[PDB]
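Figure: structure with afegostat.
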Amino acid sequence: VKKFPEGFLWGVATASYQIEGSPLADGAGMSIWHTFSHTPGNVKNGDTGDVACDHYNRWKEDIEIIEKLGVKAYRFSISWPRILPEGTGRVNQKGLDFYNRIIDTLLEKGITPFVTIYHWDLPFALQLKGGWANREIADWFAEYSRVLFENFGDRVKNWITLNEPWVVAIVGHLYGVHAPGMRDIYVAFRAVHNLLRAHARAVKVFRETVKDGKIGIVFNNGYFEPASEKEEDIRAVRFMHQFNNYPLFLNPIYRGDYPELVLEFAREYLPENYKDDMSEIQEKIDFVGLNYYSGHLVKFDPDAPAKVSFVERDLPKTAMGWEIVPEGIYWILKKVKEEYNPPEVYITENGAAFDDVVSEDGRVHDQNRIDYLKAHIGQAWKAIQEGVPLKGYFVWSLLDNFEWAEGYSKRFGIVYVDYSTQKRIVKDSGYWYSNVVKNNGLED
Ligand SMILES: OC[C@H]1CNC[C@@H](O)[C@@H]1O
């Protein structure tokens, strides 16, 4: 038996562009993911979010699935361009109506909404003005967040400014693999910095408009282990954790500067008086969300940009090719308490992509995902037993969905989606998870 604390929040998680479809319905502006995915060569098989899970129409039935499974919390995101089609100024009532219906439905059914304000679908109109590269985004984001607080803050009380700002900056602006598809290290570190300033401005306005709410921010994290016991490899691990995990943002938020190895690597790329912004960046937050999926063996490498290479290990992997290292989720939970001691933590995403097939029996026997969830939920329980203030756990994802540059080819859902009909098939992992929420923990 591994029983969780009373009132622990068991959730599922999605993101607007990944499930909704109908990106231009009802006066919505284009996002950068619309223009990106519509550019030939950017996404596997030419996939886009034009249709996705058609959640824009099937939202009621999807929530009914959440209800039926008994899960207590739904993490979802809001499409900025549905609300403010030009990014600032005009507010689209029909966009607000879409999310209002979802919000009211969840509450009526006793599910707690956790709203991610920004999960990567910037209004295209703002990208034309530089997007995350432009310092003024801290004002645009504040205006947007304010609108969400004023319209939804009466009912939604749990808020997340940004999903995975490292990915937004580095994958979007350095690697060019995600929208807006840029490859410029100077832009990428300006985007890191503006992400922090916009997050801090949003939190500030939240204090003014939602008196009884809680607000946090979500980071991606990997469990990095050194290839050798040599000095340089252990250091390569120390760089990667500081750059790729929560310290890149939490060192600023809690200590008022970037982490030390990040400055060794990137001080030429950061804005010249970046320190002037640090005091405002330290705006107090209520919780930290950590996402976790995978671990990576890393070693020093003199030929690699950043002086780090990944080394492949003979370990069980998901369809992403990601190494399954359950103890990473425990390590990261431990480490976040050790380093910054946030008053609350949530696992805001954890999950796995496997090649799911509908059997002849009409069921999806994803024993491989059950095994994955069970192992990590076990490690999260362990972290709680050693004092980490973990208040919730969210499976990525409710639904198989548009997996960014991988398109529909990667399935993360505990519910299978047959894209040809839009049929939902609860997976074995979904029934299994439904049982652990009912029991408030593991059993065998
Ligand atoms: O890569 C799987 C998931 C990682 N975290 C952010 C999500 O949008 C993504 O689908």
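We're numbering straight along the sequence, starting at 1. Just follow the structure's listing: the first ligand is 1, and inside any ligand the first atom is 1. Worth knowing before you read on, the calculation uses all heavy atoms, side chains too, and leaves out hydrogens, waters and symmetry mates.
Of the chains in this structure, the chief binding partner of afegostat is, as the PDB entry puts it, beta-glucosidase. Those atoms of afegostat that come under 4.0 Å of a heavy atom in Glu349, given as number and element, are 3 (C), 4 (C), 5 (N), 6 (C), 7 (C). Under the PDB entry, the species noted for chain A is Thermotoga maritima. Rounded to 1 Å, the minimal heavy-atom separation between afegostat and the UniProt active site of chain A occurs at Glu349, 3 Å. Listed by number with element, the atoms of afegostat under 4.0 angstrom from any heavy atom of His119 are 6 (C), 7 (C), 8 (O).
Residue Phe412 has at least one heavy-atom neighbour below 4.0 Å for each of these atoms of afegostat: 2 (C).
The proximity of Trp322 to afegostat, defined as any non-hydrogen pair under 4.0 Å, is limited to the side chain. In this structure, the binding site of afegostat at 4.0 Å (heavy atoms) is formed by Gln18, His119, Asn163, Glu164, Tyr293, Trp322, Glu349, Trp396, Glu403, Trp404, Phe412.
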